[PDB]
Novice: 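Today's structure: one with acetazolamide.
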Amino acid sequence: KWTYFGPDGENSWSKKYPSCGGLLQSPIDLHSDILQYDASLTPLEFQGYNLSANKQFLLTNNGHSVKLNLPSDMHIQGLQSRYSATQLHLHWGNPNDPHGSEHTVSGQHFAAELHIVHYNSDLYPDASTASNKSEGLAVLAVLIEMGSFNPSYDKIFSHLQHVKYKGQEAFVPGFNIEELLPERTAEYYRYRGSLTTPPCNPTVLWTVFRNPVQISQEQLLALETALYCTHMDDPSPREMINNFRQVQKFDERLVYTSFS
Amino acid sequence: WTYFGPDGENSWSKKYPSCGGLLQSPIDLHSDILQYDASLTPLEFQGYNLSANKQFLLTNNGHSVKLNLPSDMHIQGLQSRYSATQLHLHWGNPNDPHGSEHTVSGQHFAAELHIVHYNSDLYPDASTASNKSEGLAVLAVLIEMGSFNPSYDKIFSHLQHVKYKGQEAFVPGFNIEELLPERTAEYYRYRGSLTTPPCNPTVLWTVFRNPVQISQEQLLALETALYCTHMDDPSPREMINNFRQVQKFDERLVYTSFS
Ligand SMILES: CC(=O)Nc1nnc(S(N)(=O)=O)s1
Ligand SMILES: CC(=O)Nc1nnc(S(N)(=O)=O)s1
Ligand SMILES: [Zn+2]
Ligand SMILES: [Zn+2]
């Protein structure tokens, strides 16, 4: 068992999960000294992202975040291999410190961060098998900041009060996932990293979009207050907050950008 | 332990339990956790003008370069008297010269100086005080690249003498107060820990608000003059990026002596 605070917190993950203390760890801070423009970084193509409204997708509180299961028919085109979706989830802070993104830019956190996880379907049958193997995963990261109300993100957030406790699930009708992506997706940061949660396998090709999306103060507060990492029948509930990993050392390396 | 590799910071907790415990330092000094406190009056640095006729030990311990300080120098202004034991530094590398431990509004500084003191009213020495309540007080000075600093050079000029792990050299006494920034009355104050194993949560931190400046040449010397390996080692390793990543610090338990 692992957590984001306490005895089983991130500084202790390496005890049970060796890779968490290994190489190519994520997340990292994106700042000028280690950024480099690469004109070869072309735009990714998002296929099958417009999920059928006649299909239902499982939303689950897994005790670490709120996740939405995604179908393998939606995928990313533009990488060396085809990567098919498996799930999306988020990371956030808390009402008193609403800056819980995992990746930071010039030392600055964003309010939250969305991760759309994909696995190499050309080499592996599923995300489980691909997770601990070479070039097994590709994650898209969307930085989130407080601003205007976001109807698209609310297609997920409107169900939060129904997955308040660990293990609980709800069904979300399909909608266009591309609606969760920011403007100018052609502009992004790219680097080889790891899962930001145990086992921390260094098998993730990260793509962090340059521009953030906005959600309202109310939407952000709901995300920061509606969930608990404990079961509903728990006499001592524990709020699911600050579920992001601290940035990791990033030395002798460069993060390449598709923008100058 | 080291600052990189299997024995790196994410693995410190395997051998040193407190590194995975509470009140860990360093932290990001940002508005969300700050709180102005008028009770935080100016500290007085006594006995800091070390006799130029006396020599003080400079040592490369494989983790940093440290200078031993006499117990007669101490901080005045805190509840108990804290006597000095040593000072040392933390820095980054030439390609990414941002190796301070603490950050301000998410920003790292080029380097950071720590002047370590122990509670001499409660404990007999630094070693005994290290893992006990109210045992330590560290003064942190943020360092950025700028104009040449003659005072810091009183230390840097001796770096080649302690180039390798285990090496020692003598440094004539000078006024340590010269290493402090302007307006020392302005600082951040919080209860934290040692930033290296055993990471004991016994440190009262005082991070001065304003940074000092050292020249690009001084910073480069610091980033390239030392090795964490012994003299003539078959695989020499440069001493760089010897700082710990910032730790989560939830509650607004960081106080400032300024508004
Ligand atoms: C989806 C899956 O199999 N697990 C993951 N664990 N952490 C992930 S993250 N935060 O790096 O995107 S994805
Ligand atoms: C002084 C001493 O014996 N050890 C120290 N270890 N870490 C220290 S720090 N980086 O928190 O100031 S001081
Ligand atoms: Zn994630
Ligand atoms: Zn130190």
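Lettering follows sequence order; numbering is per chain, from 1. Ligands are counted one by one from 1 in listed order, and the atoms in each one are counted from 1 as well. Every heavy atom of this structure was used, including side-chain atoms; hydrogens, water molecules and symmetry mates were not. For this deposited structure, the header notes the method as X-ray crystallography, 1.5 Å.
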Novice: Hmm, which bits of this model belong to acetazolamide?
Specialist: ligands 1 and 2
Novice: Can you help me out? I need the name, per UniProt, of the chain with the largest number of contacts to acetazolamide (ligand 1).
Specialist: Carbonic anhydrase 12
Novice: I'd love to know which other chains sit under 4.0 Å from acetazolamide (ligand 1), counting non-hydrogen atoms.
Specialist: A
Novice: Which atoms of acetazolamide (ligand 1) sit under 4.0 Å from any heavy atom of A:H91?
Specialist: 10 (N)
Novice: For atom 1 (C) of acetazolamide (ligand 1), grab the closest protein heavy atom and report residue, atom and distance to one decimal in Å.
Specialist: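 Nearest protein contact, heavy atoms only, for atom 1 (C) of acetazolamide (ligand 1) is A:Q87 NE2, 3.1 Å.
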Novice: Can you find an N or O of A:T196 that's nearer than 3.5 Å to an N or O of acetazolamide (ligand 1)?
Specialist: yes
Novice: Hey, is A:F244 touching acetazolamide (ligand 1) through its side chain, its backbone, both or neither, going by heavy atoms under 4.0 Å?
Specialist: neither
Novice: With respect to A:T197, determine whether any N or O atom, backbone or side chain, lies less than 3.5 Å from an N or O atom of acetazolamide (ligand 1).
Specialist: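 A:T197 vs acetazolamide (ligand 1): N/O contact under 3.5 Å present.
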Novice: Please work out, at 4.0 Å between heavy atoms, whether the side chain, the backbone, both, or neither of A:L195 comes within that distance of acetazolamide (ligand 1).
Specialist: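 For A:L195, backbone and side-chain atoms both sit under 4.0 Å from acetazolamide (ligand 1).
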Novice: Can you pull the source organism for chain A from the entry for me?
Specialist: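 The PDB entry says Homo sapiens.
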Novice: What atoms in acetazolamide (ligand 1) come closer than 4.0 Å to a heavy atom of A:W206?
Specialist: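 Listed by number with element: 11 (O), 12 (O).
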Novice: For acetazolamide (ligand 1), which UniProt domain of chain A supplies most of the contacting residues?
Specialist: Alpha-carbonic anhydrase
Novice: In acetazolamide (ligand 1), which numbered atoms sit nearer than 4.0 Å to a non-hydrogen atom of A:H89?
Specialist: 8 (C), 9 (S), 10 (N), 12 (O), 13 (S)
